[PDB]
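Lab note: Envelope glycoprotein gp160, 10-1074 bound.
Chain identifiers are assigned alphabetically (A, B, ...) following the order of the sequence lines, protein sequences preceding nucleic acid strands; residue numbering begins at 1 within each chain. Only part shown; contacts counted inside that part. What's counted below: heavy atoms across the whole structure, side chains too, no hydrogens, waters or symmetry copies.
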Amino acid sequence: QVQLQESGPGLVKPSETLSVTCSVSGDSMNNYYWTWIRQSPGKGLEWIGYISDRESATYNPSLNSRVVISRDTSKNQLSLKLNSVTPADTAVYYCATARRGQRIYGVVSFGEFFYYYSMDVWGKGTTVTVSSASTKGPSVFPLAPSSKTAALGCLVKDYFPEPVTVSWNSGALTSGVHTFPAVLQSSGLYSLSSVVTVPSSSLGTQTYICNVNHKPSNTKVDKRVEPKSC
Amino acid sequence: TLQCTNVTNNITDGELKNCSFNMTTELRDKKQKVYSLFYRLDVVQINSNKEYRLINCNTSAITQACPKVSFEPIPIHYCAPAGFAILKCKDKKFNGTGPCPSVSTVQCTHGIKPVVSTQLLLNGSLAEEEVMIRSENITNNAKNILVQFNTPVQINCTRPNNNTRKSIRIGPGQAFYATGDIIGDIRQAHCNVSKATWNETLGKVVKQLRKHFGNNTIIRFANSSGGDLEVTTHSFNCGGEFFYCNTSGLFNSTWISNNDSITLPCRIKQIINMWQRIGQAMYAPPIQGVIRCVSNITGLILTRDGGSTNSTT
Amino acid sequence: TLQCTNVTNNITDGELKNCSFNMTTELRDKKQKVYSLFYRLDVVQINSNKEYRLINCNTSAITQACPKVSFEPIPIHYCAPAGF
Amino acid sequence: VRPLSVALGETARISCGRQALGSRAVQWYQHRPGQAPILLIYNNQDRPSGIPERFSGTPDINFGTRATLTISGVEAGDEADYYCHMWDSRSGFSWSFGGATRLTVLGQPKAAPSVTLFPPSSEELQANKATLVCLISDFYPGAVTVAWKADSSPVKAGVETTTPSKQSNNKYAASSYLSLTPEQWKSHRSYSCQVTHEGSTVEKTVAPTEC
Ligand SMILES: *[C@@H]1O[C@H](CO[C@@H]2O[C@@H](C)[C@@H](O)[C@@H](O)[C@@H]2O)[C@@H](O[C@@H]2O[C@H](CO)[C@@H](O[C@@H]3O[C@H](CO[C@H]4O[C@H](CO)[C@@H](O)[C@H](O)[C@@H]4O[C@@H]4O[C@H](CO)[C@@H](O[C@@H]5O[C@H](CO)[C@H](O)[C@H](O)[C@H]5O)[C@H](O)[C@H]4NC(C)=O)[C@@H](O)[C@H](O[C@H]4O[C@H](CO)[C@@H](O[C@@H]5O[C@H](CO)[C@@H](O[C@@H]6O[C@H](CO)[C@H](O)[C@H](O)[C@H]6O)[C@H](O)[C@H]5NC(C)=O)[C@H](O)[C@@H]4O[C@@H]4O[C@H](CO)[C@@H](O)[C@H](O)[C@H]4NC(C)=O)[C@@H]3O)[C@H](O)[C@H]2NC(C)=O)[C@H](O)[C@H]1NC(C)=O
Ligand SMILES: *[C@@H]1O[C@H](CO)[C@@H](O[C@@H]2O[C@H](CO)[C@@H](O[C@@H]3O[C@H](CO[C@H]4O[C@H](CO[C@H]5O[C@H](CO)[C@@H](O)[C@H](O)[C@@H]5O[C@H]5O[C@H](CO)[C@@H](O)[C@H](O)[C@@H]5O)[C@@H](O)[C@H](O[C@H]5O[C@H](CO)[C@@H](O)[C@H](O)[C@@H]5O)[C@@H]4O)[C@@H](O)[C@H](O[C@H]4O[C@H](CO)[C@@H](O)[C@H](O)[C@@H]4O[C@H]4O[C@H](CO)[C@@H](O)[C@H](O)[C@@H]4O[C@H]4O[C@H](CO)[C@@H](O)[C@H](O)[C@@H]4O)[C@@H]3O)[C@H](O)[C@H]2NC(C)=O)[C@H](O)[C@H]1NC(C)=O
Ligand SMILES: *[C@@H]1O[C@H](CO)[C@@H](O[C@@H]2O[C@H](CO)[C@@H](O[C@@H]3O[C@H](CO[C@H]4O[C@H](CO)[C@@H](O)[C@H](O[C@H]5O[C@H](CO)[C@@H](O)[C@H](O)[C@@H]5O)[C@@H]4O)[C@@H](O)[C@H](O[C@H]4O[C@H](CO)[C@@H](O)[C@H](O)[C@@H]4O[C@H]4O[C@H](CO)[C@@H](O)[C@H](O)[C@@H]4O)[C@@H]3O)[C@H](O)[C@H]2NC(C)=O)[C@H](O)[C@H]1NC(C)=O
Ligand SMILES: *[C@@H]1O[C@H](CO)[C@@H](O[C@@H]2O[C@H](CO)[C@@H](O[C@@H]3O[C@H](CO[C@H]4O[C@H](CO)[C@@H](O)[C@H](O)[C@@H]4O)[C@@H](O)[C@H](O[C@H]4O[C@H](CO)[C@@H](O)[C@H](O)[C@@H]4O)[C@@H]3O)[C@H](O)[C@H]2NC(C)=O)[C@H](O)[C@H]1NC(C)=O
Ligand SMILES: *[C@@H]1O[C@H](CO)[C@@H](O[C@@H]2O[C@H](CO)[C@@H](O[C@@H]3O[C@H](CO[C@H]4O[C@H](CO)[C@@H](O)[C@H](O)[C@@H]4O)[C@@H](O)[C@H](O[C@H]4O[C@H](CO)[C@@H](O)[C@H](O)[C@@H]4O)[C@@H]3O)[C@H](O)[C@H]2NC(C)=O)[C@H](O)[C@H]1NC(C)=O
Ligand SMILES: *[C@@H]1O[C@H](CO)[C@@H](O[C@@H]2O[C@H](CO)[C@@H](O[C@@H]3O[C@H](CO[C@H]4O[C@H](CO)[C@@H](O)[C@H](O)[C@@H]4O)[C@@H](O)[C@H](O[C@H]4O[C@H](CO)[C@@H](O)[C@H](O)[C@@H]4O)[C@@H]3O)[C@H](O)[C@H]2NC(C)=O)[C@H](O)[C@H]1NC(C)=O
Ligand SMILES: *[C@@H]1O[C@H](CO)[C@@H](O[C@@H]2O[C@H](CO)[C@@H](O[C@@H]3O[C@H](CO[C@H]4O[C@H](CO)[C@@H](O)[C@H](O)[C@@H]4O)[C@@H](O)[C@H](O[C@H]4O[C@H](CO)[C@@H](O)[C@H](O)[C@@H]4O)[C@@H]3O)[C@H](O)[C@H]2NC(C)=O)[C@H](O)[C@H]1NC(C)=O
Ligand SMILES: *[C@@H]1O[C@H](CO)[C@@H](O[C@@H]2O[C@H](CO)[C@@H](O)[C@H](O)[C@H]2NC(C)=O)[C@H](O)[C@H]1NC(C)=O
Ligand SMILES: *[C@@H]1O[C@H](CO)[C@@H](O[C@@H]2O[C@H](CO)[C@@H](O)[C@H](O)[C@H]2NC(C)=O)[C@H](O)[C@H]1NC(C)=O
């Protein structure tokens with residue numbers, strides 16, 4: 001049950017060290033090889049580097065040696081730092097594992113083979129944005145439902161940057177959850193919305209707490225939703 | 001002058017050069033920017049990227065073997081005219097020197113394939129009963145020692161490279177066969193020998209040697225001490241290409257009074273001066289596709305050592 | 001390469017080409033701007049006026065028959081040795 | 001990116017971006033947007049566990065054959081980005097996965113868009129702001145033009161509409177927003193969100209005077 005989980009900073013100013021960690025679960029760190037991967041908005045996929053059991057890291061040369069990678073056998077925490085960041089570096093970052101395939105065609109004593117890596121297990125893909133604009137936390141308001149299966153939710157207004165995660169009752173309300181795309185205002189400020197479905201007889205008896213988290217601004221909001229006073 | 005670049009491989013280093021160069025055409029004024037591939041033994045650099053030239057060009061003129069003629073050996077029976085005849089010494093254990101007990105006459109020898117090979121003998125005649133060991137003189141270590149097997153040793157030699165051949169027009173009538181790309185994986189030529197039967201034959205021999213040196217003694221095998229490529233390694237023509245294989249792994253052994261296979265790294269050359277005759281060299285054209293050939297190893301040519309330690313080994 | 005022009009006739013058409021070309025001399029460096037005439041069956045054009053080349057040049061080497069030897073046929077009597 | 005589109009139930013086949021040079025070890029992967037990537041093929045033909053056998057690759061028979069995936073029985077859930085990671089005995093270390101072939105599976109049934117409208121909350125109206133949100137869900141295809149109406153008249157002022165994006169049900173979803181103030185919010189009798197889908201319209205209307 002080997003699991004992967006990232007931890008992004010959420011925002012860094014250009015030309016600053018960009019720290020990301022991918023927490024390792026379900027096994028030890030010394031059985032396989034490790035790797036990180038990104039995707040910039042509108043662009044394709046991008047391989048960064050890898051590091052083996054004997055910990056010698058190996059990078060993609062297209063990075064001008066601005067990348068460093070470290071593990072932690074005790075912590076089981078795979079680290080990652082990026083100095084001298086640029087706005088073009090805003091992207092969405094994953095973590096995965098590397099199996100060293102060995103494709104053998106001719107004779108092995110002559111080394112007529114090669115090593116290839118396939119990516120099996122994957123991370124969730126946190127989001128980071130290189131920007132020099134000051135951070136912006138989200139604004140929370142509880143949308144009141146209708147009095148005539150109905151609908152209710154919470155509003156996330158003018159936060160910078162992404163991401164912002166919404167959970168209902170601290171992860172206790174799952175079925176019905178529909179979150180919608182965050183608009184880009186002309187002010188460069190995001191605005192999203194999350195919604196979950198419930199029966200018509202649970203209003204007032206059930207307490208619904210949307211749990212908002214904007215980690216860049218360290219904004220964690222446990223907001224409650226109530227019906228209108230009419 | 002040849003503009004040679006090393007060959008396209010993912011590091012892990014060339015032996016083979018992708019050499020561009022200007023050539024002539026059938027038109028006496030128009031010239032020809034072309035490129036070919038060559039093994040490093042055919043070129044030598046000449047002092048930007050490095051320019052080269054054929055190793056012969058400075059000593060010996062060079063001609064391209066006709067692609068129609070084959071170098072394959074054919075059994076030849078030598079024959080005697082009227083008034084002369086041939087005598088075939090038939091006794092089984094016969095050291096080639098001295099009189100012969102059983103003598104018969106033929107007018108023609110048997111089928112004899114003129115195999116041109118160094119170190120190892122291939123496709124040849126086998127001995128009867130014990131393996132016979134003949135040398136004009138053994139006290140003279142300088143006198144080469146010739147061995148005849150009773151049993152053949154199989155060997156499987158390949159050029160594991162699917163070979164393109166470009167034909168280049170220098171005419172009228174004159175056409176040069178270059179090498180295009182290798183098709184696919186780049187592997188190096190080699191030969192295999194059953195490590196078992198090999199080591200089996202080493203012992204059958206070494207027991208035939210103590211017949212000439214001690215009841216109890218030590219016997220060691222070493223690779224060649226030095227010389228040209230033809231002597232230091234095993235020369236032979238396999239499939240048209242000319243192979244040269246490192247036999248250090250065959251002669252790396254020691255012998256006291258009482259399943260898998262080896263593999264031999266081989267080298268291919270195209271410009272050839274065989275019989276060493278300066279002034280004149282032959283350029284063997286390339287052979288298309290992957291090359292493979294298999295031969296009965298049937299004899300050997302060996303040299304001893306010197307006084308050194310007296311009787312130790 | 002041969003700079004060939006059609007032959008000088010009053011229209012009513014060449015078969016024969018007035019071909020200028022550079023040649024070599026007995027001196028290995030000095031070269032020789034010359035011209036000759038050829039029947040069209042000996043030349044082939046090669047793609048300003050059209051340049052040409054001998055039809056053989058691309059397949060077969062070419063040698064000029066000695067002007068002294070004659071191709072004239074001579075009666076030959078084939079003969080048999082003793083025993084035949 | 002290289003466009004491609006196959007109908008439902010058909011057999012699909014994807015050619016690799018680059019071409020083989022020497023023996024090869026081909027890796028194919030699939031990327032759902034926002035999701036994590038998924039490996040499908042390693043070692044030309046070897047399929048990991050849990051991968052549908054609808055997807056067959058190209059074994060190494062010594063060249064000739066180009067690296068290619070085969071998806072029998074195309075489904076609607078087969079819409080994603082596709083990368084062919086090539087590895088061979090010659091070209092060298094492969095830091096890139098080649099081009100992205102973004103597959104779009106069409107022929108799906110049309111779904112009536114689920115449209116719903118919300119008024120400004122009491123907590124937000126106490127902050128001297130007003131905003132109207134319109135969420136569309138469960139509709140195919142994702143070709144929608146979201147419109148607002150002040151009483152019976154259209155409004156282009158401060159119109160923020162998100163691009164319709166697929167949900168996990170292979171149906172698009174979009175959010176629309178309207179920048180306002182509490183005074184213009186309480187000034188009109190009723191505001192409507194208009195969601196026209198395929199000429200048909202699913203419109204929702206709210207009024208400040210009704211519970
Ligand atoms: C050594 O040896 C070697 C080898 O060789 C080989 O082998 C041999 C043996 C033989 O066989 C031969 O043949 C071969 O080749 C050599 O090397 C090299 O090699 C190579 C290989 O391949 C080659 O190459 C090739 O070629 C061809 C040709 O091409 C050309 O031509 C054509 C026509 O025909 C065209 O089209 C093109 O384009 C080209 O070129 C051109 O040209 C023109 C004219 O000249 C130009 O123009 C110009 O311009 C300028 C400006 O800019 C100015 O103006 C001037 O004046 C003008 O003139 C242009 O430019 C050009 N272009 C360009 C672009 O450049 C061909 O055929 C081929 O190709 C093909 O295929 C491919 C595929 O496969 C494609 O694509 C490709 O891809 C790749 C990948 O995959 C890429 O790569 C990339 O790149 C980038 C950058 O860009 C980066 O780097 C990256 O990383 C990488 O990866 C590439 O690039 C590409 N390419 C191109 C070209 O682009 C192509 O394309 C084609 O195909 C097609 O395409 C299209 C687009 O275009 C598409 O759409 C379609 O689809 C497709 N299709 C298919 C089917 O695929 C090739 O390329 C060569 O050639 C060789 N070389 C030689 C010289 O030969 C060497 O050399 C040797 N060495 C010694 C020393 O010797
Ligand atoms: C002189 O002597 C020389 C020295 O002996 C000699 O050199 C030899 O040259 C030959 C070529 O002529 C070379 O032969 C090649 O060898 C390769 C190795 O083959 C062995 O291993 C493979 C795979 O084994 C891996 O997987 C299993 C399962 O996990 C593991 O148990 C293995 O350990 C190994 O796994 C590794 O990775 C794992 C991670 O997943 C690790 O857990 C693990 O620890 C390992 O690291 C077996 O399949 C082979 O079995 C075959 O042979 C046995 C007996 O040996 C048979 O019983 C059996 O039926 C099989 O035939 C073997 O054990 C091969 O890769 C290679 O064959 C491929 O390459 C050639 C060249 O491109 C292709 O033509 C061919 O089609 C093969 O490609 C297929 O297979 C590979 C491997 O699976 C795939 O990568 C490829 O995509 C393709 O597979 C697809 O199609 C196949 C059908 O086409 C199908 O099988 C696949 O499933 C798939 O669909 C080739 O045989 C040899 O290496 C040289 N060296 C030696 C020492 O022999 C020289 O020739 C001699 N010359 C003369 C003249 O005498
Ligand atoms: C020690 O002895 C052993 C055994 O004596 C030798 O082993 C030999 O190794 C050589 C290479 O070193 C091998 O030679 C090559 O073998 C090819 C295989 O030919 C067979 O298959 C084809 C197709 O199935 C058949 O047509 C052939 O039949 C021919 O021969 C039989 C007799 O066996 C005749 O009855 C037939 O009439 C045919 O003549 C064989 O069964 C063969 O392709 C190849 O010959 C081509 O190549 C040479 C140049 O390399 C050309 O001159 C020649 O014209 C041929 O070219 C044709 O084919 C090639 C493809 O190969 C195409 O590219 C051309 O377009 C063209 O069509 C060559 O003979 C040999 O097989 C093998 N065995 C024997 C018994 O000789 C060891 O070498 C030897 N060791 C040493 C150091 O001498
Ligand atoms: C087959 O043979 C030909 C002819 O010998 C070779 O190609 C020539 O190589 C020479 C040597 O580099 C080239 O000379 C270079 O020429 C440049 C000026 O060229 C201009 O004029 C020519 C016509 O004369 C035009 O074709 C051309 O477009 C230019 O407008 C100079 O820039 C060069 O000198 C400068 O640059 C070099 C670096 O490139 C520096 O090292 C020098 O110090 C200097 O700064 C240079 O002299 C020549 O142009 C080539 N082409 C010809 C003559 O047509 C082939 O390489 C050869 N191929 C083989 C052997 O495989
Ligand atoms: C390589 O070929 C040569 C001949 O071409 C052989 O060499 C012979 O080897 C033996 C042993 O080394 C030598 O024999 C000994 O020579 C002594 C004197 O030699 C003179 O007389 C002989 C005539 O017999 C002349 O040919 C020679 O030129 C000399 O003038 C004799 O005194 C010896 O006899 C006694 O001694 C030995 C042991 O010392 C005993 O075994 C004998 O029974 C006897 O008691 C003896 O004959 C011989 O001289 C060498 N011949 C030549 C011509 O040089 C090699 O044997 C051969 N190598 C192999 C491996 O076969
Ligand atoms: C004919 O056949 C013989 C025998 O096969 C060949 O001799 C070999 O020659 C090579 C070339 O020098 C020798 O290779 C050397 O091997 C070392 C092995 O490296 C790793 O391997 C072992 C275990 O696998 C580890 O213990 C070791 O630490 C390594 O991890 C390398 O150390 C050598 O290269 C390094 O050292 C040299 C300095 O000595 C540096 O200059 C290099 O840059 C490099 O850092 C080296 O490659 C091999 O050992 C020889 N074997 C024998 C038995 O002699 C002949 O070459 C061959 N001849 C022909 C003409 O084909
Ligand atoms: C035997 O061989 C010679 C040498 O190959 C050929 O004669 C040459 O032909 C070329 C091709 O036309 C001539 O090149 C032309 O040269 C002009 C510049 O020449 C100046 O400099 C030279 C010395 O280098 C002086 O002799 C000369 O007086 C000039 O001062 C350019 O004007 C030409 O290019 C321009 O004009 C032509 C049209 O004429 C256009 O098509 C071009 O695009 C361009 O606008 C041209 O390059 C060369 O001068 C000739 N003489 C030499 C090198 O001495 C013979 O034709 C050949 N005879 C055969 C095969 O029968
Ligand atoms: C090869 O064996 C023959 C016999 O088969 C040896 O011949 C003897 O040679 C000597 C001269 O040195 C003669 O005097 C003997 O009469 C020969 N013996 C016989 C039986 O004919 C010969 O010495 C051997 N040579 C080698 C190099 O082994
Ligand atoms: C060299 O190759 C020959 C034939 O190419 C091999 O002989 C065959 O070996 C296979 C197993 O690899 C057997 O199944 C066949 O029956 C054998 N055939 C014959 C005619 O002998 C031989 O073993 C190879 N030798 C080495 C050292 O690799």
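The ligands or chains that make up 10-1074 in this structure: chains A and D.
Counting only non-hydrogen atoms, chains lying under 4.5 Å from 10-1074 (chains A and D): B. The entry's source annotation for chain B reads Human immunodeficiency virus 1. In this structure, the epitope of 10-1074 (chains A and D) on chain B at a heavy-atom cut-off of 4.5 Å takes in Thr8(B), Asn9(B), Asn10(B), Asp181(B), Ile182(B), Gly184(B), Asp185(B), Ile186(B), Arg187(B), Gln188(B), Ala189(B), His190(B), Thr263(B), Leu264(B), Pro265(B). Towards chain B, the paratope of 10-1074 (chains A and D) (heavy atoms under 4.5 Å) is made of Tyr105(A), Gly106(A), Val107(A), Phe110(A), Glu112(A), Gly22(D), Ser23(D), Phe63(D), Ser89(D), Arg90(D), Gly92(D), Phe93(D).
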